[PDB]
Amino acid sequence: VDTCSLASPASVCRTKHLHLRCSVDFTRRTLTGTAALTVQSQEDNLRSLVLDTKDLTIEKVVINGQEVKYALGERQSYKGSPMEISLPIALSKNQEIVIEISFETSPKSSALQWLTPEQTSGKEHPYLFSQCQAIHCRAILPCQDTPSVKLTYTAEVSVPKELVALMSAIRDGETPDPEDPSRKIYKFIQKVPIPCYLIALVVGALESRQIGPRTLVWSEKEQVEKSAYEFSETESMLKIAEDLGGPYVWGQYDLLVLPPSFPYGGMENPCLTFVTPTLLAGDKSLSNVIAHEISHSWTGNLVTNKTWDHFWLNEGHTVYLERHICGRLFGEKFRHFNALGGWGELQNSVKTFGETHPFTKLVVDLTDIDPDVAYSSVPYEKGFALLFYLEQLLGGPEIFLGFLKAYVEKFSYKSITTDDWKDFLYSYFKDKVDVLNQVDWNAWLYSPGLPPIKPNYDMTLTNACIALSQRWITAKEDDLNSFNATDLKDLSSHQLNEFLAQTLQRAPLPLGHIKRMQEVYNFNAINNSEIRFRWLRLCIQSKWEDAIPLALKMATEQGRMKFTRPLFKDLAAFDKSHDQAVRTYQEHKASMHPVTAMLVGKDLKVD
Ligand SMILES: CC(C)C[C@H](NC(=O)[C@@H](O)[C@H](N)Cc1ccccc1)C(=O)O
Ligand SMILES: Clc1ccc2[nH]ccc2c1
Ligand SMILES: [Yb+3]
Ligand SMILES: [Yb+3]
Ligand SMILES: [Yb+3]
Ligand SMILES: [Zn+2]
């Protein structure tokens, strides 16, 4: 039972295919067109079915060439409004029909951000991008909006001719629009069945550059060069992910670098991963994000969580592969460094929510909860820690990766639950069930708070970071003089980041300490987004008025929620910046991503 969806569940009917024909209208900020669902009944004598929608205007519904009856129920908040459709003829089990719905979206569709020319790089053309995960697909097109259903799709998309459309699919060519020569139609085919949350569209002044045998980077012209360099390790990451997961089945692996308001670091849209431009650090240092989205091509897009209650299946196994890619690429010690940091992000989230909070459970009950409100690192790092703990328990990485590969083959193209996963783990490791029965399943899967067991981590790359952070925290005023630029001589940008996270955990420090840190380390100059983010947090929580404009500027000039949310929150909790924080949010809110706008609004207690 998918408690985030109002649609008929997969036991009743399932969508096998979507043919989308639509037109992007920048003047009205609407998508208008038809969604033709090929629907297979799962039941005898089926006479109606129910679809998810959200802020969609339905024009008509056509089956066997006739307008048919349908009704929209009362809006149920962030779930949207169910659409009941009356079939003209009862369907037997396994029978397929095609249902063609004429629809138009709202400019406030929570799946979409419409950008004015001034909000892009070029300054002449507008831009549109989608984000359907978790349950915003219903705000683009009526559908069974649940990952328990997988479908193929094909689409034809008409856009102003000087713009380009891309989707989560293989590009199938372009032509002038026969109905209007001011337009081009772009075609797309996704031959591999997918959950609808992986449906994606961008329309913009896009250009592409080739960076490996199956990868082109796409962005606006002014980001292309820099992105081709930043993401140059992409092919080699695919080669390793294929070795760990089995064949890459999706044809293409492209990258789209979005405008700065993209709400995520990355989004594993099939054939076309979307990434934040805040990845462009100039040194490839943030590439683990690519490794992570690549990994979804197996864990997530092939084997999918059946409902969002089981999200950790998606994310934990994906972080687990991500960290294996990075460990192959850079050495086992680096995998362990990133693993430990991830445990540290886990400590932060549990501390923030509170150790008994329901959202700190690995498996969560999302009835009545908006998945955007519940979203945190918990399913990522608690899930990763589980797998990392089982890895050590069952004989090491090589052995656990043999399980990961077999799990992918086993559930390829399916949607699965935590029990489906646990069963296969027991089956695969039958010769080691004795060890498996020593796991505290009830605590690991269903209890709030930190996991009951913390794995073993190599400390090698981490020590220098913990040591500098401890010098800073235990320093008194008469110790500040001994800090020098050379303290950082031997730290990678990742160690500098981990140095800041250690220190941010004990924040505030005295203002004097922070000022000296700027004096000797000149963190203000660093443009790596992760480092700068943590440094501005350390500054604002330690109450340094000079950082108020730097924090306001970062919070609004990009919209990656990981950064923009805690920055606004910190700013709001600092009395000197509180008023400018709420003022700034209120000035920017209209032209913000609607999901970010909503979440920043709640974090600020505004509206
Ligand atoms: C290395 C990763 C932790 C990077 C991370 N990206 C992801 O987790 C993506 O694969 C997720 N699919 C992002 C997501 C999750 C839920 C709803 C909407 C979007 C991010 O920060 O965006
Ligand atoms: Cl969307 C989403 C799905 C599953 C989850 N489990 C814990 C948080 C959470 C959020
Ligand atoms: Yb073709
Ligand atoms: Yb079993
Ligand atoms: Yb002293
Ligand atoms: Zn992910």
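To match the PDB entry, the residue numbers of chain A are left as they are there, and the shown ones run 4-610. For ligands, and for the atoms within them, numbers begin at 1 and follow the listed sequence. Atoms considered below: every heavy atom in the structure, side chains included; atoms not considered: hydrogens, waters and symmetry mates. Technique stated in the header: X-ray crystallography, 2.4 Å.
According to the PDB, the drug at ligand 1 is Bestatin. Against Bestatin (ligand 1), the chain with more heavy-atom contacts than any other is given by the PDB entry as Leukotriene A-4 hydrolase. Between Bestatin (ligand 1) and the UniProt Zn(2+)-binding residues of chain A, heavy-atom distances under 4.0 Å are seen for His295, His299, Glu318.
Within the structure, the closest approach of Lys565 to Bestatin (ligand 1) does not fall below 4.0 Å when heavy atoms are considered. Between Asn291 and Bestatin (ligand 1), a contact under 3.5 Å exists for no N or O pair.
Counting only heavy atoms of the protein, atom 21 (O) of Bestatin (ligand 1) lies nearest to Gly268 N, 3.8 Å.
Any N or O atom pair closer than 3.5 Å counts here, and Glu296 shares at least one such pair with Bestatin (ligand 1). Lab note: per PDB, source of chain A = Homo sapiens. Close contacts of Bestatin (ligand 1) with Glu325, meaning ligand atoms under 4.0 Å from a residue heavy atom, involve 1 (C).
Per UniProt, the peptide-binding residues of chain A include some within 4.0 Å of Bestatin (ligand 1) by heavy atom, namely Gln134, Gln136, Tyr267, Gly268, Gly269, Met270, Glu271. Residue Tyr200 places no heavy atom under 4.0 Å from Bestatin (ligand 1). Less than 4.0 Å from Bestatin (ligand 1) sit the following other ligands and ions: ligand 6 (zinc ion). The shortest N or O to N or O distance between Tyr267 and Bestatin (ligand 1) is not below 3.5 Å. Within the 4.0 Å heavy-atom criterion, both parts of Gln136, backbone and side chain, lie near Bestatin (ligand 1). In this structure, residues within 4.0 Å of Bestatin (ligand 1) (heavy atoms) are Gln134, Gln136, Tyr267, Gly268, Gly269, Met270, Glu271, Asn291, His295, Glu296, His299, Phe314, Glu318, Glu325, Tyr378, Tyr383.
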What does the N/O contact table under 3.5 Å look like for Bestatin (ligand 1)?
| from | atom 1 | to | atom 2 | distance (Å) |
| --- | --- | --- | --- | --- |
| Bestatin (ligand 1) | 6 (N) | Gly269 | O | 3.3 |
| Bestatin (ligand 1) | 6 (N) | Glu296 | OE2 | 3.0 |
| Bestatin (ligand 1) | 8 (O) | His295 | NE2 | 3.4 |
| Bestatin (ligand 1) | 8 (O) | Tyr383 | OH | 2.6 |
| Bestatin (ligand 1) | 10 (O) | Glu271 | OE1 | 2.8 |
| Bestatin (ligand 1) | 10 (O) | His295 | NE2 | 3.4 |
| Bestatin (ligand 1) | 10 (O) | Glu296 | OE1 | 2.4 |
| Bestatin (ligand 1) | 10 (O) | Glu296 | OE2 | 3.2 |
| Bestatin (ligand 1) | 10 (O) | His299 | NE2 | 3.1 |
| Bestatin (ligand 1) | 12 (N) | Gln136 | OE1 | 2.8 |
| Bestatin (ligand 1) | 12 (N) | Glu271 | OE1 | 2.6 |
| Bestatin (ligand 1) | 12 (N) | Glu271 | OE2 | 3.4 |
| Bestatin (ligand 1) | 22 (O) | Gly268 | N | 2.7 |
| Bestatin (ligand 1) | 22 (O) | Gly269 | N | 3.1 |

